[PDB]
Structures are given as structure tokens and as C-alpha cells.
Asker: 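For discussion: a PDB structure holding glibenclamide.
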Amino acid sequence: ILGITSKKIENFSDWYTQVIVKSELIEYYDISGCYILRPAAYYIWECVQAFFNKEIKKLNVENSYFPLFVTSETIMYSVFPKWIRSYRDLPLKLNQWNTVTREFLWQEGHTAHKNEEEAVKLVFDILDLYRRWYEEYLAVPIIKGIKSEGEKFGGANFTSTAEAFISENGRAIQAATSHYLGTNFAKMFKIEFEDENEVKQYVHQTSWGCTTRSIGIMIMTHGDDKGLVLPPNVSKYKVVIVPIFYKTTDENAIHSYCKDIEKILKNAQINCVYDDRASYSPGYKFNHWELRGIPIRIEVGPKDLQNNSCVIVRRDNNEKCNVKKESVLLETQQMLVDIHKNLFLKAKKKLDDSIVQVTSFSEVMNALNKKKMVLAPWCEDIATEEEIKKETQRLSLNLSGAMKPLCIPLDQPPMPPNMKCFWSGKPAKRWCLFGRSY
Ligand SMILES: COc1ccc(Cl)cc1C(=O)NCCc1ccc(S(=O)(=O)NC(=O)NC2CCCCC2)cc1
Ligand SMILES: [Cl-]
């Protein structure tokens, strides 16, 4: 009852709710579904917040706060004409860190540029920062792409997106967005400027956001039947030290030895916890910290005193090795790196193995039935989006069983000149990724 009672594959929904509560990420307030972000969850948000802030500031984006909202977007663009008069006032680059299933925390950026080229470059610069956000900190692989006309934001010229995929239930989920808004809102609010030639021009706008859904995607990606699995970059404690006594003493020697290891790690700015609670067995502690997603366990028993060593246990694959005491710092540092690398790579394999490249709709149900996505040549006719939804829904009988256009990947496979649309039989335009979704 203390651990996870539902297998991730067999009952994904119940598994997830158990993991997020028992790992002490969240705490449910009442029956409304409202929840509290405990330190373990907020810490992850703080890590990626710190990363994102440093990177957008390199792009001269400035943080700010706009408190007025309308049902849900921020009141902002109508103020821009008061700030923009000439090309010297451009580019305007703003970001806000907001607080408000539902999502409590998120980030939202807005820019305005003198032309299309500069705005579009920012759109994709930001999009890659989202990629790094997921990869370098959450160890989650994403796919960058363009939304179809039927799935893009209404006010956007085009919507670029990062897509993640949960292989266990065969569903894609939108991980982040970066819109090119063109001049759509500039026309609405007369957001105009005089260029270098004293000519009136429309500003070109972008908006981009990412929420705490990123944390959920991380959990769903890496979590296992033992509970939470944290990439070291978003775990407060990198290491837990567990003492092992055999009642034959010396507990004090073990205790002292563990404190030596704790000191070495902490002196190297590697935060860790020494679980010296007398009331709980070592086996109890193993579960306790595995459940909470601690990347590395260091065990110390009698044999380790004898051999001047310690046992290191990886959280991601449960592999154990003996390590000399004088080598603990270096090997722990390398282990933390390799754990992140392994989490990403094994997640990327599951993602790559989830994409079935097809040329005909007759290949689609085979891929959906195996809980995968399809990559197909598509004429991109907006009317066909609903047709494809309705038909895949009909053929599967099945929380939606429909597949939708996820994104047109920035990385396109070659397109043969005479390639037809997998659905309409018309000339294909580009390869599009289709799948079931959240
Ligand atoms: C619809 O139910 C299901 C029915 C059947 C199956 Cl087979 C699976 C599911 C399912 O969907 N199971 C996961 C339920 C789920 C997962 C992710 C999201 S979310 O959008 O990503 N939101 C967040 O993660 N917030 C995080 C939570 C952790 C702390 C920090 C904030 C929202 C809900
Ligand atoms: Cl506004």
C-alpha cells in the first residue's frame, strides 16, 4: 500500500495519480480536483524557469507582469501602440511568468518585430529553447513541427509546436507552442511604426508558451512501477545514502562512514540526504526514496567498511556497482550524467519506434492498433482533417479513438515529385504526423 499498486501499462490512469501523490509532488486540497504543488514539484519548475530565463535574456527578452486577463488571454496588444512609434522602439520583447486537468503555472512570451524574417527567426529560436528545456532538463525527446490549418491558433499566421508521445497509451501530447502572429493583431489595434525610410509599417508579432504540463510529460515518460523517476537536473537530492546494519555492530562506524560520503558530495555542491532514521529498515528506505525519484542510492554496510567501498544503485535501471570510497565523488558525477543520457536515449528510442511511415490510408489502422503514430504524405486540405478523424474513429470503434494531425515535422523525409496524398489521392504537399492525442 506504501508503494505503487497499479502497473503503468495495465492501468495508466490510476498509476499516474498514485505516482504524483505518493512521490509527494502534489497534494489534493479537496474533491474539486484542485491540488497543491509541493516543493518536489515546484523545484522542477524552478529549474526549468532558471534555464529559460537565462536563455531568453540572451535574446534581449525582458520579464514583466500584466495582471489583467479576459476569458483565457492577457490584455496586452491594445497597449502596444503606446510603446511603439518608430523602428528604434523595435523589437519589443516581453515575457511573463504566470500563476492561475487544469494547469497552475506557466510562461508566456510576446514579441513585436519590424519585419517577417526577424519575427519568424525568433519563433524558431524559442521553439528550440523549448526543445532544450525538455531534453537537457526533463530528458524528454520532442518533435518540432508546424500545426495544420485546422489545429493552429486562430489568430496565428502559423503555429509551430513541440510534440511529445506517451508510448504506453499510444497518445501524443502538445508540449509547447511558438506562434508567428504576422500582422493580424497589428491591424486590429493599429500597432504601427515608421521604418528607416519614414514609412508606416505593421509590426510582426510572435507569442510562445509552455506550462507545468512539461512536468507531467516528464513523469509519464520516465516513471515506472516503482514510482517517480527524476532526471538529476530537476531533483533536489541527487543522492540518498542508506546505512545497512546487521545488528552485529558497529552502527557508529557505519554512521561515521556515511557522514564522510555525505560531506564529500555536499562539499562538491552535490545535494544529498543521509537517511539515518533508526526506526526503518534499509529495505523500507530503498522503496521510500525510489518512490520519490532520487537518481542515485549509495548503500553502506559492514563489507563496505572492510573494503573501503560503497554500493551505488542507479534509479533508472537498478544496476549496482562497487565503488572505492576515494572514487565516489567522480563516479557519482559521471553516473548522474549517464543516468540523464540513458533516460533520454531510451525515451527517444520509444519515440522513434512509435512513428510508422506510410504512403496509404490502408496502412493506418495497423499502426493505430499497435499504439503508434503515422507519418504520411498529405494534401493538407482542411476538410480532410475531420474526414480522417471520423473514419479512424469509425474503424476503431473506440478518450477519443480518432487520429488528428499532430504536426508537419520541421525534419521532412524526401518527397517524391509524383507522391499522392495518402487520403484523397490528390498530390501530396508535405509529410504530416498523425496520431491519437490528449
Ligand atoms: C483521461 O485519463 C486517462 C484515461 C485512460 C488512460 Cl489509458 C490514460 C488516461 C490519462 O490521461 N492519465 C494521465 C492523466 C493526466 C496526465 C497528464 C496531464 S497534464 O496535461 O500533462 N498536466 C500535468 O501534468 N500537471 C502536472 C501534474 C504533476 C505536478 C505538476 C503539474 C493531465 C492528466
Ligand atoms: Cl489587448
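Sequence positions for chain A are given in the PDB entry numbering; the residues included correspond to 251-321, 360-388, 402-699, 707-746, in order. Just so it is clear, the values below take in all heavy atoms, side chains as well, and ignore hydrogens, waters and symmetry mates. All ligand and atom numbering here is 1-based and tracks the order in the structure.
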Asker: Mind telling me which chains or ligands belong to glibenclamide?
Answerer: ligand 1
Asker: What's the chief binding partner of glibenclamide here? Just the name from the PDB entry is fine.
Answerer: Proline--tRNA ligase
Asker: Between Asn261 and glibenclamide, find which residue part has any heavy-atom pair under 4.0 Å and reply side chain, backbone, both or neither.
Answerer: neither
Asker: I'd like to check which glibenclamide atoms, numbered from 1 as shown, lie under 4.0 Å from a non-hydrogen atom of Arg514.
Answerer: 20 (O), 21 (O)
Asker: Under a 4.0 angstrom heavy-atom cut-off, which atoms of glibenclamide come close to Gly517?
Answerer: 24 (O)
Asker: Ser263 versus glibenclamide: do any nitrogen or oxygen atoms come within less than 3.5 Å of each other?
Answerer: no
Asker: With heavy atoms of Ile276 as the reference, note each atom of glibenclamide found under 4.0 Å away.
Answerer: 29 (C)
Asker: If you measure from each non-hydrogen atom of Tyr746 to glibenclamide, which part falls under 4.0 Å: side chain, backbone, both or neither?
Answerer: side chain
Asker: Does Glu469 have a non-hydrogen atom less than 4.0 Å from glibenclamide?
Answerer: no
Asker: Does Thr267 approach glibenclamide within less than 4.0 angstrom via side chain, backbone, both or neither, non-hydrogen atoms only?
Answerer: neither
Asker: What I want to know is whether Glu404 and glibenclamide share at least one N or O pair that is separated by under 3.5 angstrom.
Answerer: yes
Asker: Using heavy-atom distances, let me know which of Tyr285, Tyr266, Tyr292 sits nearest atom 27 (C) of glibenclamide.
Answerer: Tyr266
Asker: If you take every non-hydrogen atom within 4.0 Å of glibenclamide, which residues does that pick out?
Answerer: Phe262, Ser263, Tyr266, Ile276, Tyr285, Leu287, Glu404, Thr513, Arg514, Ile516, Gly517, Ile520, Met521, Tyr746
